[PDB]
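Featured here: a structure holding LOU064 (bound form).
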Amino acid sequence: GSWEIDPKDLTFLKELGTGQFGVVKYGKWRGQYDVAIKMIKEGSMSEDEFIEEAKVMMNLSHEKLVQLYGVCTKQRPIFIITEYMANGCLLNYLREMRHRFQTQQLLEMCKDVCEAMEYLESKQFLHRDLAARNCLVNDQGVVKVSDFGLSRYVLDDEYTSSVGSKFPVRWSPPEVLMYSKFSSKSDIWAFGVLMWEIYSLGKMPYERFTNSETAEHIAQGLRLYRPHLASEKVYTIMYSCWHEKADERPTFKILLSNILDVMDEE
Ligand SMILES: *CCC(=O)N(C)CCOc1c(N)ncnc1-c1cc(F)cc(NC(=O)c2ccc(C3CC3)cc2F)c1C
Ligand code: NA
């Protein structure tokens with residue numbers, strides 16, 4: 001009935017880990033509904049800017065998005081209440097079950113993310129930090145996209161600056177690195193890297209390079225190799241995401257149609 005949640009309705013049960021804004025806890029809303037509670041660390045977020053734009057994020061609704069339930073702002077620290085995902089982040093899930101993953105399950109993961117991204121693209125809403133660490137897995141093995149657009153409110157120069165140690169260089173196209181030009185085509189690039197993370201079973205992209213060496217090699221035309229579990233058709237799809245020219249990259253609508261074609265073929 002309102003996006004402002006009463007913190008007295010929340011029960012804190014277990015710490016889930018730490019994100020870009022600090023501690024995130026698992027809990028219950030009104031003792032029944034499972035929730036993730038982000039406890040926004042002091043000085044980690046542009047809180048006023050986030051609160052002013054929160055309603056747009058609140059209205060984003062799709063089955064493949066980790067839902068934003070509401071906020072607790074009449075306090076300090078503020079809370080962000082989200083959908084809880086029982087299997088945690090995709091990156092750790094891939095690493096934990098690595099040699100038990102089948103190619104059909106890997107394709108299904110790509111499809112789930114692609115559907116979420118096709119929806120964000122239709123809303124002209126940028127994720128800005130799409131990667132396996134920012135995708136979550138529910139109890140049914142469904143992959144959902146998490147923390148879309150939250151990148152904009154980070155107060156941490158190491159993360160927001162392209163020359164910073166926490167900036168997601170390995171998921172960034174050249175126009176983001178050089179010109180800070182974010183678009184649905186920069187999310188396309190990150191999605192290609194994410195497909196590679198899925199098919200490589202959670203390997204770090206360009207592991208033999210530093211962040212600076214990655215940016216340099218990519219600018220010179222180097223691309224991620226075909227993972228062992230990726231077929232020629234799967235590699236063609238992820239590779240199409242890495243066109244040097246943003247306008248020559250496919251849309252998420254085109255990517256989804258290509259993923260469904262591979263699914264129907266196998
Ligand atoms: C990858 C490891 C892992 O499993 N983690 C971090 C736990 C996932 O836990 C979780 C669950 N199970 N459901 C919903 N939400 C979470 C969650 C927990 C956590 F500790 C951190 C986060 N992520 C963030 O808070 C986060 C990360 C990155 C960014 C970048 C600026 C965009 C923002 C942000 F809020 C989650 C989602
Ligand atoms: Na192979």
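In this chain, numbering begins with 1 at the start of the sequence shown. Atoms within each ligand, like the ligands themselves, are counted from 1 in listed order. Any value given below was found using the heavy atoms of this structure, including those in side chains, with hydrogens, waters and symmetry copies removed. According to its header, this structure was worked out by X-ray crystallography, 2.0 Å.
To find every copy of LOU064 (bound form), look at ligand 1. Structurally, the greatest contact with LOU064 (bound form, ligand 1) is made by what the PDB entry calls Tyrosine-protein kinase BTK. Atoms of LOU064 (bound form, ligand 1) lying under 4.0 Å from at least one heavy atom of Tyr159, given by number and element, are 30 (C), 31 (C), 32 (C). Residue contact annotation: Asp129 has a non-hydrogen atom under 4.0 Å from LOU064 (bound form, ligand 1). Per-residue contacts place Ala36 under 4.0 angstrom from the following atoms of LOU064 (bound form, ligand 1) (heavy atoms of the residue considered): 14 (C), 15 (N).
Per-residue contacts place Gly17 under 4.0 angstrom from the following atoms of LOU064 (bound form, ligand 1) (heavy atoms of the residue considered): 20 (F). Of the residues that UniProt lists as binding clofedanol in chain A, those with a heavy atom under 4.0 Å from LOU064 (bound form, ligand 1) are: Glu83, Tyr84, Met85, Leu150. Close approach of LOU064 (bound form, ligand 1) to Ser146 (heavy-atom distance below 4.0 Å) involves ligand atoms 37 (C). Result for chain A and LOU064 (bound form, ligand 1): the nearest UniProt active-site residue and heavy-atom distance (1 Å) are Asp129, 4 Å. Less than 4.0 angstrom separates some heavy atom of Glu83 from each of these atoms of LOU064 (bound form, ligand 1): 14 (C). When chain A is restricted to the residues UniProt lists for ATP binding, the ones with a heavy atom within 4.0 Å of LOU064 (bound form, ligand 1) turn out to be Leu16, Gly17, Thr18, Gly19, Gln20, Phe21, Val24, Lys38. Covalent bonding of LOU064 (bound form, ligand 1), as deposited, involves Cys89 SG. Below 4.0 Å from some heavy atom of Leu150 lie the following atoms of LOU064 (bound form, ligand 1), by number and element: 31 (C), 35 (F). In chain A, the residues contacting LOU064 (bound form, ligand 1) fall mostly within the UniProt domain Protein kinase.
Not close to LOU064 (bound form, ligand 1): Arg128, with no non-hydrogen atom less than 4.0 angstrom away. Taking only non-hydrogen atoms, the option from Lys38, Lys25, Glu96 nearest to atom 22 (C) of LOU064 (bound form, ligand 1) is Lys38.
Interface atoms of LOU064 (bound form, ligand 1) facing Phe21, defined by a heavy-atom separation under 4.0 Å, are 33 (C), 35 (F). If you number the atoms of LOU064 (bound form, ligand 1) from 1 as listed, the ones under 4.0 Å from a heavy atom of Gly19 come out as 21 (C), 24 (C), 25 (O).
Put simply, no part of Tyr153 is less than 4.0 Å from LOU064 (bound form, ligand 1), judged by heavy atoms. With the cut-off at 4.0 Å and only heavy atoms counted, the binding site of LOU064 (bound form, ligand 1) comes to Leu16, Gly17, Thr18, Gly19, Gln20, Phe21, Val24, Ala36, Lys38, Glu83, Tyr84, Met85, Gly88, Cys89, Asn92, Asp129, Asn134, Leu136, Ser146, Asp147, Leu150, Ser151, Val154, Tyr159.
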Please tabulate protein-ligand N/O pairs under 3.5 Å for LOU064 (bound form, ligand 1), atom names and distances to 0.1 Å.
residue, atom, partner, partner atom, Å
LOU064 (bound form, ligand 1), 4 (O), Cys89, N, 3.1
LOU064 (bound form, ligand 1), 12 (N), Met85, O, 2.7
LOU064 (bound form, ligand 1), 13 (N), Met85, N, 3.1
LOU064 (bound form, ligand 1), 25 (O), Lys38, NZ, 2.9

